[PDB]
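Lab note: Flavin reductase (NADPH), ataluren bound.
Below, chain A is the first sequence line, B the second, and so on; all start at residue 1. So how was this one determined? The header says X-ray crystallography, 1.5 Å. No hydrogens, no waters, no symmetry mates; every other heavy atom, side chains included, goes into these values. Remember, it's 1-based here, ligands and their atoms both numbered in the order they're listed.
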Protein chains: 2
Amino acid sequence: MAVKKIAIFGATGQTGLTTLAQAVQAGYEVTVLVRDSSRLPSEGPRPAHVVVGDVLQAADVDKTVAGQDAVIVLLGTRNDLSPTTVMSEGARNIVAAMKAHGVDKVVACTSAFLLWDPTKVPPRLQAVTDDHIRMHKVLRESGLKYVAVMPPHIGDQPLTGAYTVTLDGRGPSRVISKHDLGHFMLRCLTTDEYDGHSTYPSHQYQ
Amino acid sequence: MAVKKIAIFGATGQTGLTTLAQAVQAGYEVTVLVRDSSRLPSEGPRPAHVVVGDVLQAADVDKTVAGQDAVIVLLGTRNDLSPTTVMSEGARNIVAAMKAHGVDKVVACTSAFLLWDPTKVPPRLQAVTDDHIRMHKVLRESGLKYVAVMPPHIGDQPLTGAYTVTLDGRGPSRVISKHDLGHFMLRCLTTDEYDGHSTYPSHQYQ
Ligand SMILES: NC(=O)c1ccc[n+]([C@@H]2O[C@H](COP(=O)([O-])OP(=O)(O)OC[C@H]3O[C@@H](n4cnc5c(N)ncnc54)[C@H](OP(=O)(O)O)[C@@H]3O)[C@@H](O)[C@H]2O)c1
Ligand SMILES: NC(=O)c1ccc[n+]([C@@H]2O[C@H](COP(=O)([O-])OP(=O)(O)OC[C@H]3O[C@@H](n4cnc5c(N)ncnc54)[C@H](OP(=O)(O)O)[C@@H]3O)[C@@H](O)[C@H]2O)c1
Ligand SMILES: O=C(O)c1cccc(-c2noc(-c3ccccc3F)n2)c1
Ligand SMILES: O=C(O)c1cccc(-c2noc(-c3ccccc3F)n2)c1
């Protein structure tokens, strides 16, 4: 495997769990950063390496990025919609670690709202969207090989591998399953064609 | 009251650098206060005068303000996550220096958080916002002609000169390009219509 060692940030989350399971099945040697109170579930897939800590500590992010081939970022705030900088500050630490350790490839999830007319973004989701905007600027300005993944609504539909990938604009559907989103994050490790683009994965489940 | 000579504080920052560049291209005689002159670009537009020192040092601020027609303030304490007083103590020094030298016009950047509910502030930005509020009060209470510039997200989009300014709060956008923000700071030197007002610049790009 050319890319074989990967860090996943947010592996315990909705998309992270199925991304982790798919990566382990595909032969990746996965390192995760998990907060001490929220470890991976007991008998799901086991990653190769676990760092317990916080993306808001540069030291913990450095430990997680060291020695990787690539980084996948699925940070988020679960059902909490309050103002936050955890995604943007976490990305700042991830950028600094990747530069210090010679890692170039980062595939990172923000949101399709970065491609919406700003006056149409739902106000209830605007605090989170603000930090996605901050996070995207951090990653775009870093000079790293950054794939900006900007999904629409994340659902519980199957893994299909059959989704549309729209470059630098909104796509033709308004959902992507969490499993297909994770599949796409991993696909981005095997190609350079999305580097420096925004990507909107979406599908019609039928 | 033609403004020819300005001081810029914060000229090495993201907004400061493009404000300086635009000011030099437009013809202003610019004085900057920098802690490290090697953070100024060695090519292209350069300031007329460089004072090496610290905004916390009253004598360095006095040296920078002497003889100016107006002052632009683009200070920031980016890294600070917990109580900090650099911006407000700097503003106190700038105010005392402007009074001592008969400089009447100051255009200073805080943030749009000062226009929105305090609960909108991400916890890790509360300390910077608290000191923006302190700086804003220092400048409002000074009696100087003060334009308060309260931008939302500062982006990287190319200069347009086509942004909207709302004298109080809302707009097409929660983003202003750093280039457009610097353009607006300089526009405030050529008019008195924003004196004693808060301003919110924003724009929809792309
Ligand atoms: N329809 C949607 O839901 C939708 C649509 C578009 C975009 N998005 C965005 O897509 C991204 C992924 O969403 P998701 O639903 O898969 O994620 P999620 O379930 O919200 O999971 C967030 C992950 O981030 C981890 N995390 C949070 N703070 C951390 C910290 N300080 N240190 C280390 N890890 C931290 C969480 O760990 P813990 O286990 O410790 O909490 C969890 O693993 C999010 O940014 C989201 O806003 C969602
Ligand atoms: N980032 C955003 O999206 C955003 C949004 C709204 C408002 N704001 C606020 O906008 C203002 C400007 O932001 P920015 O990103 O353009 O600033 P920045 O890139 O963080 O630059 C801060 C500037 O202030 C200088 N500075 C800091 N401490 C100093 C000191 N003791 N003495 C002399 N100079 C000092 C810095 O000098 P050095 O180069 O020597 O460090 C630098 O030039 C800030 O107050 C910020 O909080 C930012
Ligand atoms: O409907 C669409 O096209 C669309 C596009 C972008 C994002 C979304 C979206 N829905 O829930 C969320 C969300 C829910 C919980 C937490 C954070 C979120 F971000 N985000 C929907
Ligand atoms: O990132 C910082 O250091 C910082 C410091 C002070 C204010 C701000 C700020 N105000 O509005 C916003 C904002 C608004 C909409 C979207 C994204 C944003 F980021 N951001 C940021």
request  = Please list all instances of ataluren by ligand or chain.
outcome  = ligands 3 and 4
ask   = Can you list the other chains with a non-hydrogen atom under 4.0 Å from ataluren (ligand 3)?
value = A
message = I'm curious which residues sit within 4.0 Å of ataluren (ligand 3), going by heavy atoms - can you tell me?
response = A:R78, A:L81, A:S111, A:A112, A:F113, A:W116, A:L125, A:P151, A:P152, A:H153, A:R174
Atom 1 (O) of ataluren (ligand 3) - nearest protein heavy atom and its distance = A:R174 NH2, 3.0 Å
request  = Do me a favour and list the nearest non-hydrogen protein atom to atom 12 (C) of ataluren (ligand 3) with residue, atom name and distance?
outcome  = A:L125 CD1, 4.0 Å
key: atom 5 (C) of ataluren (ligand 3) - nearest protein heavy atom and its distance   = A:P152 CA, 3.5 Å
query = Which UniProt-defined active-site residue in chain A approaches ataluren (ligand 3) most closely, and at what heavy-atom distance to 1 Å?
reply = A:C109, 9 Å
task = May I ask you to identify the nearest protein heavy atom to atom 8 (C) of ataluren (ligand 3), giving residue, atom name and distance to one decimal place in Å?
result = A:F113 CZ, 3.5 Å
query = So which heavy atom in the protein is nearest atom 16 (C) of ataluren (ligand 3), and how far is it from that ligand atom?
reply = A:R78 O, 3.5 Å
ask   = Nearest protein heavy atom to atom 10 (N) of ataluren (ligand 3), by residue and atom, and its distance?
value = A:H153 ND1, 3.6 Å
ask   = Does ataluren (ligand 3) approach any residue of chain A that UniProt lists for NADP(+) binding closer than 4.0 Å (heavy atoms), and which?
value = A:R78, A:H153
